[PDB]
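Note: structure shows ensitrelvir engaged with 3C-like proteinase.
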Amino acid sequence: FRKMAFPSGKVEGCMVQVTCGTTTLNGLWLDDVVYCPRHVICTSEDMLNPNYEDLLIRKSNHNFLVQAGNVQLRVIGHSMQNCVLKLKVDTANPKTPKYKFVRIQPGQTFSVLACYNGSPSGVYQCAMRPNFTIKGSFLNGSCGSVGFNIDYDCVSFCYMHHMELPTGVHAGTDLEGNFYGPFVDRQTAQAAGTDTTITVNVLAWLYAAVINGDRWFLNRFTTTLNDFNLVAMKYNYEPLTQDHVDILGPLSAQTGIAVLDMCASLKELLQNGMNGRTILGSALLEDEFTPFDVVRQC
Amino acid sequence: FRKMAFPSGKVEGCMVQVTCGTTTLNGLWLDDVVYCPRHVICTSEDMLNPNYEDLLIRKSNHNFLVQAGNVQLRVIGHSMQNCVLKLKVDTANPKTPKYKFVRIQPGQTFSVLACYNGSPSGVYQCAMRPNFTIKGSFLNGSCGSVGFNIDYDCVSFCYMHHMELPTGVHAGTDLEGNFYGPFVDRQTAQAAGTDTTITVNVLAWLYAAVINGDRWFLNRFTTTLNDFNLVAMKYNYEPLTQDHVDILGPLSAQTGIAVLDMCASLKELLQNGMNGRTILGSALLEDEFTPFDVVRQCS
Ligand SMILES: Cn1cnc(Cn2c(=O)nc(Nc3cc4cn(C)nc4cc3Cl)n(Cc3cc(F)c(F)cc3F)c2=O)n1
Ligand SMILES: Cn1cnc(Cn2c(=O)nc(Nc3cc4cn(C)nc4cc3Cl)n(Cc3cc(F)c(F)cc3F)c2=O)n1
């Protein structure tokens, strides 16, 4: 059991570089439109406090350099949709996959294709945090990198990377250009709210632990859903809903461990700690696998 | 720090399915050759102790079903090299990247593209353990999945998955079909061998922690490599090689911390424990990030 991303090839074939002045970042090329963060229209003067409609009106198509590898694509139109810029180009992307734009919920996971100057460099899994940040791996030049899931040949893009907060966590938008979380596309210090732990994911990963032979944390205690929720809340864990319990059923049935029983084991983990021990090789409770992630991998 | 894989696209375009009778697994299509585990020529009652020479002589090109999705690639030649089959097909793969075949050492990491029936399903980072196994994530149908690194536009293939051992770890070969470790391609319980901690990578992780301003564990001492190696073994850590010292060069230069001084620091952590303290947020020392991996994530 390891963190596992979707194969990135369908997204690699869409990554380009977008430049405006000395400002450069990554864009997503689908059919005849390139999508990228609007921040690219900022000179370093603008970055601190942009008025974007103002900066945009003062721009022309020829102010946009789009490169796809070696070839420069010519911009025939531009528009802004929230924090996303859309550049119409004269040429369709022959590698466009079947795709959708979706907005994800906290707790859900996705694969991130980190890219620099329109070149893919790495792929990994992240979760949307309850506080709407993501704990990614991103360096200068990563702006515009995207996150996605794949289902039967369809790429559902759900994230476009914008910025890193002071704490080192990451903030960005969906592909309609709306931020996840209370952030703005301005170069100013922004804090996120207090984060909480994705309880249903921890339960899923506990079930992974059992499928993979790691069982030391199971107990014979039991608990009601409400009494587990009281303890979870006390520990800044998200509450567990009946929907979450239902979604855990296939894992429960697989291992023969009732959901409320796995809740009782987790309760004890919260109250006692792991007493030096590990689960699935981790000293910490892991909350970035979903029940689907677990099922798919197991 | 996160475990990060290379983007998988260049390898996704090389994945095929190979089937002999009803036995089926994944193959790798580069130019006009498909490479796959020779295990594919075993029927069920061959799997336990195959005679691969014997099984192969009975084979013709027309026994091999190779498919790129639903498209069949006609086989026009076949041969066996150590534990891999090579099938010459009549079409050069237009998605072939620039590539090489490499044999890695323990400690080196690589991306694995897990595949089922020729269809890629996931990608993740693995390190080669000192006992020549990997701690992968693989189900039934994953045989023939490959591990790789990408350096610029060149894919270096280093691993072809064969089998899961009784403890749940994985064993396979390089792309010349030579197993990593004492294993054989027979469906027989084989035990891994006692594993050890990858010292070179723990050192890289300590350098990473220094780069990030986390440096309490830096002590005031130095060591010879021999002394360090002798102590290392008493704590089930791997001894360092000359090549290890060399691959730590960039990190040593970036931090100003001589390799042997960092060895002295690690030695104290071995002999004294962590004093209820952490490094990069953690009480456990990470041994699956190579010096290259750390440089990649920090700069
Ligand atoms: C360490 N890190 C982690 N993720 C990121 C992502 N990221 C980034 O890549 N770039 C940013 N600013 C830019 C600077 C440029 C310099 N040139 C020559 N071109 C540049 C283009 C960009 Cl986008 N930022 C900062 C940032 C980006 C935004 F989109 C935003 F709204 C506010 C911000 F403060 C950044 O975080 N870096
Ligand atoms: C749980 N797990 C993790 N990795 C693996 C890999 N793996 C695999 O995928 N297949 C194997 N045997 C086969 C059975 C087949 C049944 N049909 C219809 N077709 C089959 C093809 C294969 Cl390869 N094995 C076992 C195995 C494979 C080898 F290549 C070998 F040399 C020894 C072995 F014991 C396997 O481990 N499963």
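For reference, chains are lettered A, B, ... following the sequence lines as listed. Chain A residue numbers are taken from the PDB entry; in order, the displayed residues are 3-300. Following the PDB entry, chain B residues are numbered 3-301, in order. Counting starts at 1 for both ligands and their atoms, in listed order. Values below: all heavy atoms of this structure, side chains included; hydrogens, waters and symmetry mates excluded. Method on record in the header is X-ray crystallography, 1.8 Å.
- Within the structure, the other chains placing a heavy atom under 4.0 Å from ensitrelvir (ligand 2) are, by letter, B.
- Remark: among candidates B:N119, B:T175, B:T26, B:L50, the nearest residue to atom 20 (C) of ensitrelvir (ligand 2) is B:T26, based on non-hydrogen atoms.
- At least one heavy atom of B:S144 sits closer than 4.0 Å to an atom of ensitrelvir (ligand 2).
- Where the criterion is an N or O separation shorter than 3.5 Å, residue side chain and backbone included, B:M49 fails it with respect to ensitrelvir (ligand 2).
- The dominant UniProt domain at the interface of chain B with ensitrelvir (ligand 2) is Peptidase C30.
- In terms of polar-atom proximity, B:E166 is counted as a contact of ensitrelvir (ligand 2), with an N or O under 3.5 Å from an N or O of the ligand.
- The entry's source annotation for chain B reads Severe acute respiratory syndrome coronavirus 2.
- Residues touching ensitrelvir (ligand 2) within 4.0 Å, heavy atoms only: B:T24, B:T25, B:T26, B:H41, B:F140, B:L141, B:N142, B:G143, B:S144, B:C145, B:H163, B:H164, B:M165, B:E166, B:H172, B:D187, B:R188, B:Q189.
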